[PDB]
Chemist: 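So I pulled up a structure with chloramphenicol in it.
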Amino acid sequence: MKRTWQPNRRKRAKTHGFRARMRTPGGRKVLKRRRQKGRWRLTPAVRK
Amino acid sequence: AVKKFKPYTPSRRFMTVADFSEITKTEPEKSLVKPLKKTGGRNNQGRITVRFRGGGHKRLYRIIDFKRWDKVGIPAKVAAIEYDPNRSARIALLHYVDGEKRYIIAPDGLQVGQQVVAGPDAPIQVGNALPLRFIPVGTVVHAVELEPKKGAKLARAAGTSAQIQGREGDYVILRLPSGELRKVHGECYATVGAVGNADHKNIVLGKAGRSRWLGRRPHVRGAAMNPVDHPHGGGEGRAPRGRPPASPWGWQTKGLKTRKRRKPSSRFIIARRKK
RNA sequence: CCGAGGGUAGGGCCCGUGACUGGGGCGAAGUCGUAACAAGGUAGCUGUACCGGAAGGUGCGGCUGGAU
RNA sequence: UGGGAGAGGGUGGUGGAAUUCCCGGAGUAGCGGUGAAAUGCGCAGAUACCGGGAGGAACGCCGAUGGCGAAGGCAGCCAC
RNA sequence: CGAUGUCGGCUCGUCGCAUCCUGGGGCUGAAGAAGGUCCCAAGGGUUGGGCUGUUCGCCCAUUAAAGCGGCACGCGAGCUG
RNA sequence: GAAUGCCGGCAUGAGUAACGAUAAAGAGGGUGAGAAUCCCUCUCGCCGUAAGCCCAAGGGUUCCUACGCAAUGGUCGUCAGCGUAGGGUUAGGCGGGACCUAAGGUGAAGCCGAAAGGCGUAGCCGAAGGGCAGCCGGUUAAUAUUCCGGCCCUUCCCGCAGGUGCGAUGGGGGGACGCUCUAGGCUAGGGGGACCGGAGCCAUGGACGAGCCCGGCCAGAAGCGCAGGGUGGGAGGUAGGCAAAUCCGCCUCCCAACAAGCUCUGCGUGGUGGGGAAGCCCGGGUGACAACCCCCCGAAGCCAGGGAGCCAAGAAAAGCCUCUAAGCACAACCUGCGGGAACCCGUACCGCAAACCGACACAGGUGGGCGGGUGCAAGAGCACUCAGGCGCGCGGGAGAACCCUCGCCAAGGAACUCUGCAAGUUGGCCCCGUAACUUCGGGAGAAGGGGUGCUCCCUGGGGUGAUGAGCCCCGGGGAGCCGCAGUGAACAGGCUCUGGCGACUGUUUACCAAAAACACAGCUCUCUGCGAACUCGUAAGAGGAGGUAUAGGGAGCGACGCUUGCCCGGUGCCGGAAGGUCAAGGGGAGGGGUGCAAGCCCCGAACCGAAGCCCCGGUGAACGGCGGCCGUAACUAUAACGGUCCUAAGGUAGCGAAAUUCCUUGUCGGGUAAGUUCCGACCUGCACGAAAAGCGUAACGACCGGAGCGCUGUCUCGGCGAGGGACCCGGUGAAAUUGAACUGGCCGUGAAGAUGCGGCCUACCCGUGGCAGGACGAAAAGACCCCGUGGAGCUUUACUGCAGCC
RNA sequence: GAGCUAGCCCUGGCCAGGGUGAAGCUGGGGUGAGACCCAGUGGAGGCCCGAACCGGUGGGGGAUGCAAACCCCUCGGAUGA
RNA sequence: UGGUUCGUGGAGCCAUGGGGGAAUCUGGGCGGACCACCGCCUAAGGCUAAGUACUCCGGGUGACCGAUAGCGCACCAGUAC
Ligand SMILES: O=C(N[C@H](CO)[C@H](O)c1ccc([N+](=O)[O-])cc1)C(Cl)Cl
Ligand SMILES: [Mg+2]
Ligand SMILES: [Mg+2]
Ligand SMILES: [Mg+2]
Ligand SMILES: [Mg+2]
Ligand SMILES: [Mg+2]
Ligand SMILES: [Mg+2]
Ligand SMILES: [Mg+2]
Ligand SMILES: [Mg+2]
Ligand SMILES: [Mg+2]
Ligand SMILES: [Mg+2]
Ligand SMILES: [Mg+2]
Ligand SMILES: [Mg+2]
Ligand SMILES: [Mg+2]
Ligand SMILES: [Mg+2]
Ligand SMILES: [Mg+2]
Ligand SMILES: [Mg+2]
Ligand SMILES: [Mg+2]
Ligand SMILES: [Mg+2]
Ligand SMILES: [Mg+2]
Ligand SMILES: [Mg+2]
Ligand SMILES: [Mg+2]
Ligand SMILES: [Mg+2]
Ligand SMILES: [Mg+2]
Ligand SMILES: [Mg+2]
Ligand SMILES: [Mg+2]
Ligand SMILES: [Mg+2]
Ligand SMILES: [Mg+2]
Ligand SMILES: [Mg+2]
Ligand SMILES: [Mg+2]
Ligand SMILES: [Mg+2]
Ligand SMILES: [Mg+2]
Ligand SMILES: [Mg+2]
Ligand SMILES: [Mg+2]
Ligand SMILES: [Mg+2]
Ligand SMILES: [Mg+2]
Ligand SMILES: [Mg+2]
Ligand SMILES: [Mg+2]
Ligand SMILES: [Mg+2]
Ligand SMILES: [Mg+2]
Ligand SMILES: [Mg+2]
Ligand SMILES: [Mg+2]
Ligand SMILES: [Mg+2]
Ligand SMILES: [Mg+2]
Ligand SMILES: [Mg+2]
Ligand SMILES: [Mg+2]
Ligand SMILES: [Mg+2]
Ligand SMILES: [Mg+2]
Ligand SMILES: [Mg+2]
Ligand SMILES: [Mg+2]
Ligand SMILES: [Mg+2]
Ligand SMILES: [Mg+2]
Ligand SMILES: [Mg+2]
Ligand SMILES: [Mg+2]
Ligand SMILES: [Mg+2]
Ligand SMILES: [Mg+2]
Ligand SMILES: [Mg+2]
Ligand SMILES: [Mg+2]
Ligand SMILES: [Mg+2]
Ligand SMILES: [Mg+2]
Ligand SMILES: [Mg+2]
Ligand SMILES: [Mg+2]
Ligand SMILES: [Mg+2]
Ligand SMILES: [Mg+2]
Ligand SMILES: [Mg+2]
Ligand SMILES: [Mg+2]
Ligand SMILES: [Mg+2]
Ligand SMILES: [Mg+2]
Ligand SMILES: [Mg+2]
Ligand SMILES: [Mg+2]
Ligand SMILES: [Mg+2]
Ligand SMILES: [Mg+2]
Ligand SMILES: [Mg+2]
Ligand SMILES: [Mg+2]
Ligand SMILES: [Mg+2]
Ligand SMILES: [Mg+2]
Ligand SMILES: [Mg+2]
Ligand SMILES: [Mg+2]
Ligand SMILES: [Mg+2]
Ligand SMILES: [Mg+2]
Ligand SMILES: [Mg+2]
Ligand SMILES: [Mg+2]
Ligand SMILES: [Mg+2]
Ligand SMILES: [Mg+2]
Ligand SMILES: [Mg+2]
Ligand SMILES: [Mg+2]
Ligand SMILES: [Mg+2]
Ligand SMILES: [Mg+2]
Ligand SMILES: [Mg+2]
Ligand SMILES: [Mg+2]
Ligand SMILES: [Mg+2]
Ligand SMILES: [Mg+2]
Ligand SMILES: [Mg+2]
Ligand SMILES: [Mg+2]
Ligand SMILES: [Mg+2]
Ligand SMILES: [Mg+2]
Ligand SMILES: [Mg+2]
Ligand SMILES: [Mg+2]
Ligand SMILES: [Mg+2]
Ligand SMILES: [Mg+2]
Ligand SMILES: [Mg+2]
Ligand SMILES: [Mg+2]
Ligand SMILES: [Mg+2]
Ligand SMILES: [Mg+2]
Ligand SMILES: [Mg+2]
Ligand SMILES: [Mg+2]
Ligand SMILES: [Mg+2]
Ligand SMILES: [Mg+2]
Ligand SMILES: [Mg+2]
Ligand SMILES: [Mg+2]
Ligand SMILES: [Mg+2]
Ligand SMILES: [Mg+2]
Ligand SMILES: [Mg+2]
Ligand SMILES: [Mg+2]
Ligand SMILES: [Mg+2]
Ligand SMILES: [Mg+2]
Ligand SMILES: [Mg+2]
Ligand SMILES: [Mg+2]
Ligand SMILES: [Mg+2]
Ligand SMILES: [Mg+2]
Ligand SMILES: [Mg+2]
Ligand SMILES: [Mg+2]
Ligand SMILES: [Mg+2]
Ligand SMILES: [Mg+2]
Ligand SMILES: [Mg+2]
Ligand SMILES: [Mg+2]
Ligand SMILES: [Mg+2]
Ligand SMILES: [Mg+2]
Ligand SMILES: [Mg+2]
Ligand SMILES: [Mg+2]
Ligand SMILES: [Mg+2]
Ligand SMILES: [Mg+2]
Ligand SMILES: [Mg+2]
Ligand SMILES: [Mg+2]
Ligand SMILES: [Mg+2]
Ligand SMILES: [Mg+2]
Ligand SMILES: [Mg+2]
Ligand SMILES: [Mg+2]
Ligand SMILES: [Mg+2]
Ligand SMILES: [Mg+2]
Ligand SMILES: [Mg+2]
Ligand SMILES: [Mg+2]
Ligand SMILES: [Mg+2]
Ligand SMILES: [Mg+2]
Ligand SMILES: [Mg+2]
Ligand SMILES: [Mg+2]
Ligand SMILES: [Mg+2]
Ligand SMILES: [Mg+2]
Ligand SMILES: [Mg+2]
Ligand SMILES: [Mg+2]
Ligand SMILES: [Mg+2]
Ligand SMILES: [Mg+2]
Ligand SMILES: [Mg+2]
Ligand SMILES: [Mg+2]
Ligand SMILES: [Mg+2]
Ligand SMILES: [Mg+2]
Ligand SMILES: [Mg+2]
Ligand SMILES: [Mg+2]
Ligand SMILES: [Mg+2]
Ligand SMILES: [Mg+2]
Ligand SMILES: [Mg+2]
Ligand SMILES: [Mg+2]
Ligand SMILES: [Mg+2]
Ligand SMILES: [Mg+2]
Ligand SMILES: [Mg+2]
Ligand SMILES: [Mg+2]
Ligand SMILES: [Mg+2]
Ligand SMILES: [Mg+2]
Ligand SMILES: [Mg+2]
Ligand SMILES: [Mg+2]
Ligand SMILES: [Mg+2]
Ligand SMILES: [Mg+2]
Ligand SMILES: [Mg+2]
Ligand SMILES: [Mg+2]
Ligand SMILES: [Mg+2]
Ligand SMILES: [Mg+2]
Ligand SMILES: [Mg+2]
Ligand SMILES: [Mg+2]
Ligand SMILES: [Mg+2]
Ligand SMILES: [Mg+2]
Ligand SMILES: [Mg+2]
Ligand SMILES: [Mg+2]
Ligand SMILES: [Mg+2]
Ligand SMILES: [Mg+2]
Ligand SMILES: [Mg+2]
Ligand SMILES: [Mg+2]
Ligand SMILES: [Mg+2]
Ligand SMILES: [Mg+2]
Ligand SMILES: [Mg+2]
Ligand SMILES: [Mg+2]
Ligand SMILES: [Mg+2]
Ligand SMILES: [Mg+2]
Ligand SMILES: [Mg+2]
Ligand SMILES: [Mg+2]
Ligand SMILES: [Mg+2]
Ligand SMILES: [Mg+2]
Ligand SMILES: [Mg+2]
Ligand SMILES: [Mg+2]
Ligand SMILES: [Mg+2]
Ligand SMILES: [Mg+2]
Ligand SMILES: [Mg+2]
Ligand SMILES: [Mg+2]
Ligand SMILES: [Mg+2]
Ligand SMILES: [Mg+2]
Ligand SMILES: [Mg+2]
Ligand SMILES: [Mg+2]
Ligand SMILES: [Mg+2]
Ligand SMILES: [Mg+2]
Ligand SMILES: [Mg+2]
Ligand SMILES: [Mg+2]
Ligand SMILES: [Mg+2]
Ligand SMILES: [Mg+2]
Ligand SMILES: [Mg+2]
Ligand SMILES: [Mg+2]
Ligand SMILES: [Mg+2]
Ligand SMILES: [Mg+2]
Ligand SMILES: [Mg+2]
Ligand SMILES: [Mg+2]
Ligand SMILES: [Mg+2]
Ligand SMILES: [Mg+2]
Ligand SMILES: [Mg+2]
Ligand SMILES: [Mg+2]
Ligand SMILES: [Mg+2]
Ligand SMILES: [Mg+2]
Ligand SMILES: [Mg+2]
Ligand SMILES: [Mg+2]
Ligand SMILES: [Mg+2]
Ligand SMILES: [Mg+2]
Ligand SMILES: [Mg+2]
Ligand SMILES: [Mg+2]
Ligand SMILES: [Mg+2]
Ligand SMILES: [Mg+2]
Ligand SMILES: [Mg+2]
Ligand SMILES: [Mg+2]
Ligand SMILES: [Mg+2]
Ligand SMILES: [Mg+2]
Ligand SMILES: [Mg+2]
Ligand SMILES: [Mg+2]
Ligand SMILES: [Mg+2]
Ligand SMILES: [Mg+2]
Ligand SMILES: [Mg+2]
Ligand SMILES: [Mg+2]
Ligand SMILES: [Mg+2]
Ligand SMILES: [Mg+2]
Ligand SMILES: [Mg+2]
Ligand SMILES: [Mg+2]
Ligand SMILES: [Mg+2]
Ligand SMILES: [Mg+2]
Ligand SMILES: [Mg+2]
Ligand SMILES: [Mg+2]
Ligand SMILES: [Mg+2]
Ligand SMILES: [Mg+2]
Ligand SMILES: [Mg+2]
Ligand SMILES: [Mg+2]
Ligand SMILES: [Mg+2]
Ligand SMILES: [Mg+2]
Ligand SMILES: [Mg+2]
Ligand SMILES: [Mg+2]
């Protein structure tokens, strides 16, 4: 049957992407948090 | 004169449709239409704030002239009578000798080819607009401004009208379509006659799909729901209300008055509606 | 080939019969009330409508085959 | 051909009397109703009286023992 | 109660005997034929339907007879539901 | 040493289950250390509205070539979507951007919010919508509308020439639109040819034939032809299109009008450029100077912004054209021609799947286009086949039980069972024919029947063409032939009678319920006069609605028919300027503290003083409710009638052992040989009853009862047969579970159901196929039940607050 | 977190073939004029049969599955909510 | 209403959302309702080192760990997944 992951590059970029995150107070806490944890990627990669 | 169908489907047995007799022109004036943004009952938060709305036929909004004291003294010719899907009344296309083109609500008896006019000195004739103070007492009127220069607010639905009952100072007394007696300021405009398309009340939708065409999604009874949803929800089996009948939000809905107490327009309503 | 008739399926008319049910007629001395005949004690009767244990009552309109 | 009488019919106007309700006034101890009463209405101001307003229905006198219509039936006044 | 699946049916049996039939008896208010009642006897047998989820029961047509109980009201790591 | 402990390692189950669609394989020849599994050839089989082809998304080198086989591959492996390395994606015209706007998002102005932030007009962003210039062929191992070849075209810059009042983010036109049905003419695509081209073929009885087999086109600029879309001309006035306007709009007059004229597409032709089969011989060459023609069928595509009808009344903005304003008329614009200039990103490959979403090379899921032929009435259905693509990444044997899927069956024919569950039956088309009832539509495919192939002969009408021939499409009559059987295979209703419920088509518990539930047109009540009520929000602001009582919110009922009774004492809601109660506040009789005192300070009665509540009324399609005991008729029985107690009032019509009836399988009738169900009645209705509607109701229903006919392996009652497993051999090889085990029966005993204790009996050691009675077998720290001063959803006239409203 | 799912918003797309035969229109009849009847034409509908497509009724299989909802047969809708 | 030990308490003090609303030393606040007396202080403007806190970083030292320990990471870890 139809499953729950239906990849969509525009959707991924507009929902979790860098500029989505920076626009909002909670989004910027995500970036600050993931920088402090030292993540190699701050945001999900999508080929655009 | 509503039109009936033979019972060649279960639904055609009851369906009735308007005759569209008075209509003389079947596509709208291109410079008088603009797109009508269907809301679906959602506000600027995106929240449903009016239940059971959406999914009706696409429509274009026709611009209607609800002032008419715009063009005092400038006669106009009734060029056509057309269908308007944004309102129950039909609408009339006016060709002003000015060259300007406008739309009005189509009163009863207005014939294509006649001339109408607006102003203090207009003939008391069907389709003419005047300040209320210059219309003789007892004249059936429609498209009535509520406050001077603010725009026709009263009696716009198919078949409705207000009747001029008397004068008092700067004010006239109107019996509204509801039967309320209200004072309206004498400088407010109105149009002689009643709105047309009076048979509109006897249309039988006939089937569920017809409600859907109009943008009306199905209404769900509170007694069909669960207590999380509604005062009338729950119960083993069917159940009576078991409490004073209530809206989804808990307020009572069989007689509980709801006009705000200290409203300033109370000084201007004489008698509440009846019946 | 037609063909008595047999078989199959579906209709029409008539007759008898049926738990139960509807009123009808009849039946020396049952129970309830008193609607009508006198102005019958609310003049009567009438078409219809609604109501009532029952006759009846009431409404609307009609008739005199109503009295004083 | 030329005349006449008539609530004959249909449509739309429109006039006064009365009843009811609403507003204002003035006034107070009852009103209404019956065979007699009671229910009811009334000091939260009724009834009775005065001005104003809204609305529906029916057309007093003329009127008759009258007139018209095939019958059922048709009565303020005006026009078609 | 860190689980012993719970009615009826179907399938498959097996056992008890307080015996429904068949076998052997005594008594009889046992003429015969047919029964009644008690004793011995568990080898074998003990039917097909209508109704109801039914167990049970009633009914139909038969039969030598159409037995009554136990086996976790036998049997769901065998089926049904 | 235990915590169903934690982490890791390793056992058991076990050489067991399995190895992922039952579309299927056999042989020969290669290669190699090694071959059922790689490559080649022949034979066989499977898909063919796909299991073929082309786009989009997603994936991200998986593409091509060389060299490899440890691991990945459910076996093998020399092969590979695997390892290593090298190579491969070429654009002014295809798609996106340097263009436009949609919802939406963002947001100078402005508004709001403790902070964070929330709104918001224009504007800006935003596409698979609008707009915009490229087609055919060749080439690579791998890209091609991109490279090359042929023929075309767009924009920008500059210049030449001719022309004109040139000029815009501004005005206006246009862009610009639905659903169904549909005309004419074409194109795509297809069928046929006794015509044109072609390597060949004559078999096994016959055929050297008007034989068989193969093929018979594609693109094209101007011009021309066919068919279509679009579009009036001129003059005068002008106050409207937020300045101006010669434009548009309005009015008047003349002319033209199913045309033509101009314009714009489609198709045809077209200079020219391409392609070109079988077969044969090694992707190539030949064939070949290949031929390239006629007839028919014919779109849902094209002309297109075509036509008609209908109601539910069907985006925007730019490109483009016209108008003028600043301005400027050495300019600028328009037209024709010439030279120059023309950027960024994508392009490989998979793409109904082994490369995407499902942990897997997973029988599942994934949007658009193309989808040939013949026959079956049609069709994208069904069977078989073309092109093309596959045989599904373990095999070889055997021919037990049992399981799955499938075929048949003597006599009977529902006797099976909760139930005809399941499976039979019926089954397409044409013709005949068809009941109660009904809302006149239907019920209806009712039911029930007959016909169905092939040959010959005679004949009617249509389409193309020409009116004819030919090809193609509908038919009519007559005579014959064969079989068990002619929709000869595949696809393709069993029917009827009668109740319950719901009017109907719809909707729902993704993944145990599809229904009688929800919705539904329709009916009633109620709120709302517009800055509406109501809803979301602290607010601003939105929705309601650019609507206005024939409208919008809320509630119940639920097509339609005939109806919907009595109770307002309690609760609700509505009305009531009296009265009663009533908070802050006002008032200040009268008290008190302190000070020598002027004073400062505290308590404070009457009286005034909202909503609410009390009180007086109304109100049921508001919440709701609608009695008991006793007596009575000239047979009996039963009470039309009466007495009395109580109530706010004592259930009307209609229906009733019912989706409701406890006693109950009530009683009587029907149907049956027999009927706890069914149907029809009765009425002592435990405990129907009128919009939580009452009683009916044609049509409808994968709803739930009862019956009959048809037919059956459901059954008496089983038998046989097929294939996939099970079994055996070679390859690969799990699992839950598991205190350890050297793990028998009886009768007892034991914490009360013992392989493990007692006594007796029985029993050589170890396996393999089977069956499920036990190991209180496995699974899941019982869901039921209780307990915990455990939790959570829900309710209200429980308590106590809060929003909201007064 | 609405790339699953529910509703709405904007913009596109899809629904083989066959059957039934409403209104209207025309001609005819009818009448004072009408209503209305008959024939043809027409092509309506939460109309009918049935693929695609969307579903998920009954049964069987599957149950350490091909699959954490699948497979076979059968069945509902298929111009419309 | 908050703050303080102060939860309305005899409830002052400090702060302030609402209403009313002064004076300039003979002015004004405080000493726990209030009054007197005795005293303390000078609101409605602003700044101001040091002593105090913390440990991303550097170093020194452990009756601190020694690869299941010590940081999640001794190792290409905020990685693979
Ligand atoms: O609850 C069950 N069984 C338990 C065993 O743990 C027990 O046997 C039981 C069975 C039936 C029962 N009953 O019928 O009331 C009660 C307990 C099973 Cl139904 Cl799961
Ligand atoms: Mg899904
Ligand atoms: Mg998606
Ligand atoms: Mg994307
Ligand atoms: Mg996208
Ligand atoms: Mg997206
Ligand atoms: Mg977002
Ligand atoms: Mg983003
Ligand atoms: Mg912040
Ligand atoms: Mg890095
Ligand atoms: Mg992130
Ligand atoms: Mg109708
Ligand atoms: Mg009809
Ligand atoms: Mg009209
Ligand atoms: Mg526009
Ligand atoms: Mg809006
Ligand atoms: Mg918004
Ligand atoms: Mg938002
Ligand atoms: Mg609402
Ligand atoms: Mg809504
Ligand atoms: Mg409206
Ligand atoms: Mg209208
Ligand atoms: Mg006014
Ligand atoms: Mg209505
Ligand atoms: Mg609509
Ligand atoms: Mg509605
Ligand atoms: Mg509803
Ligand atoms: Mg409910
Ligand atoms: Mg519910
Ligand atoms: Mg909720
Ligand atoms: Mg709640
Ligand atoms: Mg609630
Ligand atoms: Mg309730
Ligand atoms: Mg309920
Ligand atoms: Mg319920
Ligand atoms: Mg109940
Ligand atoms: Mg009920
Ligand atoms: Mg209740
Ligand atoms: Mg309530
Ligand atoms: Mg409210
Ligand atoms: Mg009112
Ligand atoms: Mg004979
Ligand atoms: Mg007597
Ligand atoms: Mg009498
Ligand atoms: Mg009498
Ligand atoms: Mg009397
Ligand atoms: Mg009398
Ligand atoms: Mg009476
Ligand atoms: Mg009094
Ligand atoms: Mg008084
Ligand atoms: Mg009135
Ligand atoms: Mg237990
Ligand atoms: Mg356990
Ligand atoms: Mg267990
Ligand atoms: Mg004897
Ligand atoms: Mg025996
Ligand atoms: Mg039992
Ligand atoms: Mg019994
Ligand atoms: Mg015997
Ligand atoms: Mg027994
Ligand atoms: Mg027992
Ligand atoms: Mg028992
Ligand atoms: Mg058992
Ligand atoms: Mg079981
Ligand atoms: Mg059982
Ligand atoms: Mg078991
Ligand atoms: Mg067991
Ligand atoms: Mg221990
Ligand atoms: Mg464990
Ligand atoms: Mg543990
Ligand atoms: Mg342990
Ligand atoms: Mg562990
Ligand atoms: Mg381990
Ligand atoms: Mg290790
Ligand atoms: Mg191991
Ligand atoms: Mg082992
Ligand atoms: Mg084993
Ligand atoms: Mg296994
Ligand atoms: Mg498997
Ligand atoms: Mg298969
Ligand atoms: Mg072979
Ligand atoms: Mg082979
Ligand atoms: Mg091999
Ligand atoms: Mg090998
Ligand atoms: Mg090969
Ligand atoms: Mg095919
Ligand atoms: Mg991937
Ligand atoms: Mg390998
Ligand atoms: Mg290997
Ligand atoms: Mg491997
Ligand atoms: Mg595998
Ligand atoms: Mg090798
Ligand atoms: Mg490549
Ligand atoms: Mg190019
Ligand atoms: Mg540029
Ligand atoms: Mg901000
Ligand atoms: Mg954007
Ligand atoms: Mg853009
Ligand atoms: Mg675009
Ligand atoms: Mg382009
Ligand atoms: Mg081209
Ligand atoms: Mg090409
Ligand atoms: Mg090369
Ligand atoms: Mg347009
Ligand atoms: Mg438009
Ligand atoms: Mg469009
Ligand atoms: Mg439509
Ligand atoms: Mg072509
Ligand atoms: Mg063809
Ligand atoms: Mg002008
Ligand atoms: Mg075009
Ligand atoms: Mg050559
Ligand atoms: Mg199409
Ligand atoms: Mg088109
Ligand atoms: Mg716009
Ligand atoms: Mg100038
Ligand atoms: Mg110059
Ligand atoms: Mg020009
Ligand atoms: Mg650039
Ligand atoms: Mg490419
Ligand atoms: Mg597929
Ligand atoms: Mg593949
Ligand atoms: Mg997942
Ligand atoms: Mg595979
Ligand atoms: Mg072909
Ligand atoms: Mg066919
Ligand atoms: Mg295979
Ligand atoms: Mg397959
Ligand atoms: Mg074997
Ligand atoms: Mg199979
Ligand atoms: Mg067969
Ligand atoms: Mg045979
Ligand atoms: Mg048989
Ligand atoms: Mg039979
Ligand atoms: Mg038979
Ligand atoms: Mg049976
Ligand atoms: Mg049986
Ligand atoms: Mg059942
Ligand atoms: Mg049945
Ligand atoms: Mg068939
Ligand atoms: Mg019949
Ligand atoms: Mg019939
Ligand atoms: Mg019938
Ligand atoms: Mg019937
Ligand atoms: Mg009929
Ligand atoms: Mg038939
Ligand atoms: Mg024949
Ligand atoms: Mg033949
Ligand atoms: Mg023969
Ligand atoms: Mg069928
Ligand atoms: Mg239904
Ligand atoms: Mg239902
Ligand atoms: Mg019903
Ligand atoms: Mg009904
Ligand atoms: Mg449907
Ligand atoms: Mg479910
Ligand atoms: Mg569920
Ligand atoms: Mg679930
Ligand atoms: Mg199910
Ligand atoms: Mg259910
Ligand atoms: Mg259903
Ligand atoms: Mg539901
Ligand atoms: Mg319904
Ligand atoms: Mg109503
Ligand atoms: Mg709110
Ligand atoms: Mg609020
Ligand atoms: Mg609006
Ligand atoms: Mg209904
Ligand atoms: Mg109804
Ligand atoms: Mg409903
Ligand atoms: Mg209901
Ligand atoms: Mg009451
Ligand atoms: Mg009351
Ligand atoms: Mg009350
Ligand atoms: Mg009560
Ligand atoms: Mg009644
Ligand atoms: Mg009964
Ligand atoms: Mg009943
Ligand atoms: Mg009951
Ligand atoms: Mg019973
Ligand atoms: Mg019972
Ligand atoms: Mg019985
Ligand atoms: Mg009987
Ligand atoms: Mg009885
Ligand atoms: Mg109720
Ligand atoms: Mg009827
Ligand atoms: Mg019916
Ligand atoms: Mg249904
Ligand atoms: Mg159903
Ligand atoms: Mg039968
Ligand atoms: Mg069998
Ligand atoms: Mg076999
Ligand atoms: Mg091996
Ligand atoms: Mg292996
Ligand atoms: Mg041991
Ligand atoms: Mg041992
Ligand atoms: Mg052992
Ligand atoms: Mg042993
Ligand atoms: Mg014991
Ligand atoms: Mg024992
Ligand atoms: Mg032992
Ligand atoms: Mg021992
Ligand atoms: Mg011992
Ligand atoms: Mg022992
Ligand atoms: Mg022993
Ligand atoms: Mg023994
Ligand atoms: Mg073995
Ligand atoms: Mg074994
Ligand atoms: Mg066992
Ligand atoms: Mg067992
Ligand atoms: Mg066991
Ligand atoms: Mg145990
Ligand atoms: Mg056990
Ligand atoms: Mg479990
Ligand atoms: Mg636990
Ligand atoms: Mg427990
Ligand atoms: Mg548990
Ligand atoms: Mg317990
Ligand atoms: Mg407690
Ligand atoms: Mg306790
Ligand atoms: Mg608790
Ligand atoms: Mg709680
Ligand atoms: Mg609060
Ligand atoms: Mg989604
Ligand atoms: Mg369709
Ligand atoms: Mg037909
Ligand atoms: Mg026809
Ligand atoms: Mg027509
Ligand atoms: Mg349909
Ligand atoms: Mg049909
Ligand atoms: Mg589904
Ligand atoms: Mg299924
Ligand atoms: Mg079945
Ligand atoms: Mg499962
Ligand atoms: Mg399936
Ligand atoms: Mg199937
Ligand atoms: Mg079907
Ligand atoms: Mg269908
Ligand atoms: Mg269809
Ligand atoms: Mg404090
Ligand atoms: Mg204090
Ligand atoms: Mg303050
Ligand atoms: Mg001074
Ligand atoms: Mg001082
Ligand atoms: Mg002082
Ligand atoms: Mg102070
Ligand atoms: Mg102090
Ligand atoms: Mg001090
Ligand atoms: Mg100072
Ligand atoms: Mg100081
Ligand atoms: Mg400091
Ligand atoms: Mg250090
Ligand atoms: Mg280590
Ligand atoms: Mg470590
Ligand atoms: Mg350690
Ligand atoms: Mg570190
Ligand atoms: Mg670690
Ligand atoms: Mg790493």
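Each chain gets a letter, A, B and so on, in the order the sequences are listed, and its residues count up from 1. Only part shown; contacts counted inside that part. Counting convention: from 1, in listed order, for ligands and their atoms alike.
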Chemist: Name each chain or ligand corresponding to chloramphenicol, including duplicates.
Modeler: ligand 1
Chemist: Of all chains near chloramphenicol (ligand 1), which one has the greatest contact count, and what is it called in the PDB entry?
Modeler: 23S Ribosomal RNA
Chemist: Hey, which other chains get a heavy atom under 4.0 Å from chloramphenicol (ligand 1)?
Modeler: E, F
Chemist: Report the binding site of chloramphenicol (ligand 1) using a heavy-atom cut-off of 4.0 Å.
Modeler: E:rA3, E:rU4, E:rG5, E:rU6, F:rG782, F:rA783
